[PDB]
Amino acid sequence: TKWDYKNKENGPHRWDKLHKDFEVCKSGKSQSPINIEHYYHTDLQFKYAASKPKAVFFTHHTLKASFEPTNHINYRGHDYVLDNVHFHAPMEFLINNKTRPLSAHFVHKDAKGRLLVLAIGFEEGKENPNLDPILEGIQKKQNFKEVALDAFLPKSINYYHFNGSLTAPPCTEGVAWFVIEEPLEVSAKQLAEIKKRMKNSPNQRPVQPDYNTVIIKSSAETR
Amino acid sequence: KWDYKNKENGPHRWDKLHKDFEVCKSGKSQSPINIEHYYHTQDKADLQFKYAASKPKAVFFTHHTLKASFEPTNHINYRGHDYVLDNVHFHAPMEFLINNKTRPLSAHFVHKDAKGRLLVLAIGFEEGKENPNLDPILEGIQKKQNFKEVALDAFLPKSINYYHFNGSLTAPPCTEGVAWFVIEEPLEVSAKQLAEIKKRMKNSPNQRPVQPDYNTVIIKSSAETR
Ligand SMILES: CC(=O)Nc1nnc(S(N)(=O)=O)s1
Ligand SMILES: CC(=O)Nc1nnc(S(N)(=O)=O)s1
Ligand SMILES: [Cl-]
Ligand SMILES: [Cl-]
Ligand SMILES: [Zn+2]
Ligand SMILES: [Zn+2]
């Protein structure tokens with residue numbers, strides 16, 4: 001069958017049934033997303049640059065932009081190369097039970113195959129020029145307009161870091177999550193646009209059981 | 001049948017012996033680990049002890065360990081969650097490594113709350129002064145009924161430094177979602193206590209090798225146990 005976000009046979013409460021591959025979606029004790037609500041206050045380097053997408057496409061219910069392996073985040077002496085950035089409407093992670101209309105995930109992998117994913121919400125407000133090459137380029141196959149990855153995130157960020165899982169099947173654990181507290185802005189026309197291309201259909205996995213995930217809250221400079 | 005020797009049933013093959021033991025290989029948050037990257041933090045009063053001297057319901061050898069079980073009269077309260085102490089058992093050598101450094105012995109204080117959530121407390125021993133606290137266990141195991149009270153309210157240090165993370169049981173079925181608190185400060189043990197303890201664990205190492213670490217989030221803090 002084909003996993004989706006509907007309230008029926010293939011929906012999130014039933015991903016585990018569709019494939020044995022997806023069983024950890026139910027049996028796992030560190031599944032994402034969660035409500036980030038209880039945490040501790042208290043080594044992250046960015047190597048992003050304007051990058052022309054390898055491809056920009058709609059896949060498995062998300063708007064996805066893939067990249068050549070030229071961008072990295074270095075964490076605790078290991079490089080995690082950015083594979084792709086994709087979008088969720090609404091945001092999957094809740095910070096103290098507050099949702100944003102959109103979020104973006106920056107998905108990275110190190111040499112051992114370990115995953116590090118960075119999440120950040122969007123706020124309804126002013127236009128965000130960075131969204132445009134992705135929105136302009138679903139429409140193309142070839143020389144894509146560069147995504148300003150080095151301008152995308154806040155210069156100064158406050159983040160929550162915890163151990164979790166992929167928020168979509170096969171829901172693999174061992175994902176190093178960094179969730180940024182600061183919203184980016186997106187216009188009313190851009191959001192409606194982005195939400196419409198993901199078929200006016202919510203692609204937000206519900207909050208999963210939280211087994212007292214150890215979450216630290218900190219801050220860093222992205223540039 | 002699972003064991004710690006280098007043949008069919010050893011640590012490398014636990015996932016193969018039973019399908020319940022599959023998370024022993026497939027898990028992304030398996031224990032023990034080398035504790036070497038961690039975050040320093042506040043003393044948020046998260047961890048409060050309600051311990052008292054307790055006579056073991058039993059002291060016995062099971063699954064390569066020497067175990068003392070207790071009545072549900074002892075607690076750990078964490079972040080507004082109460083965990084009742086189930087048992088104390090031993091590992092030789094110590095399973096969690098602190099900054100890649102060895103210990104000859106460790107103790108795990110295994111707790112379970114009403115929902116079945118697991119919290120385990122670990123502390124190492126070093127060769128030195130004799131430890132009187134171990135003696136009712138060494139003395140109580142060649143006996144079967146009346147066990148001497150274990151001074152649970154005295155076993156741990158009054159002031160502790162610990163590392164807290166979520167991990168797994170270090171023995172099959174390697175269940176994850178285990179709340180680990182590893183106390184950095186060691187307790188003491190004599191050469192005779194260490195040797196007999198090992199003989200009561202049949203002079204056979206019951207130490208799980210270190211498993212892969214997927215960027216485990218560890219906070220380092222401190223508390224007063226009494
Ligand atoms: C190739 C790839 O990135 N696959 C992903 N599956 N789930 C993800 S999520 N919502 O946890 O970021 S990413
Ligand atoms: C009943 C019981 O306590 N079972 C345990 N299995 N593994 C444990 S450990 N070494 O992670 O503390 S405890
Ligand atoms: Cl998110
Ligand atoms: Cl230990
Ligand atoms: Zn995502
Ligand atoms: Zn143990």
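Chain letters run A, B, ... following the sequence lines, proteins first, then strands; residues in each count from 1. Counting starts at 1 for both ligands and their atoms, following the listed order. Computation of the quantities below employed the complete heavy-atom set of this structure, encompassing side-chain atoms and omitting hydrogens, waters and symmetry-equivalent molecules.
PDB records name the drug found at ligand 1 as acetazolamide. Going by the PDB entry, the chain with the most contacts to acetazolamide (ligand 1) here is Alpha-carbonic anhydrase. By chain letter, the other chains having a heavy atom closer than 4.0 Å to acetazolamide (ligand 1) are A.
For the pair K109(A) and acetazolamide (ligand 1), the shortest N or O to N or O distance does not fall below 3.5 Å. What sits closest to atom 6 (N) of acetazolamide (ligand 1) on the protein, heavy atoms only, is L166(A) CD1, 4.0 Å. Looking at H60(A), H86(A), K64(A), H108(A), it is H86(A) that brings a heavy atom closest to atom 13 (S) of acetazolamide (ligand 1). Interface atoms of acetazolamide (ligand 1) facing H105(A), defined by a heavy-atom separation under 4.0 Å, are 9 (S), 10 (N), 12 (O). By the 4.0 Å heavy-atom criterion, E92(A) is counted among the residues contacting acetazolamide (ligand 1). Each of the following atoms of acetazolamide (ligand 1) lies closer than 4.0 Å to a heavy atom of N84(A): 1 (C), 2 (C), 3 (O). Residue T167(A) has at least one heavy-atom neighbour below 4.0 Å for each of these atoms of acetazolamide (ligand 1): 9 (S), 10 (N), 11 (O). Under 4.0 Å from acetazolamide (ligand 1), the heavy atoms of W177(A) that appear belong solely to its side chain. Near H88(A), the atoms of acetazolamide (ligand 1) lying under 4.0 angstrom from a non-hydrogen atom of the residue are 10 (N). The PDB entry names the source organism for chain A as Helicobacter pylori. At a heavy-atom distance under 4.0 Å, only side-chain atoms of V107(A), from C-beta outward, approach acetazolamide (ligand 1). Contacts under 4.0 Å between acetazolamide (ligand 1) and other ligands or ions: ligand 5 (zinc ion). Heavy atoms of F106(A) come nearer than 4.0 angstrom to acetazolamide (ligand 1) in no pair at all. The site surrounding acetazolamide (ligand 1), defined by heavy atoms under 4.0 Å, contains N84(A), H86(A), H88(A), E92(A), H105(A), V107(A), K109(A), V117(A), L166(A), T167(A), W177(A).
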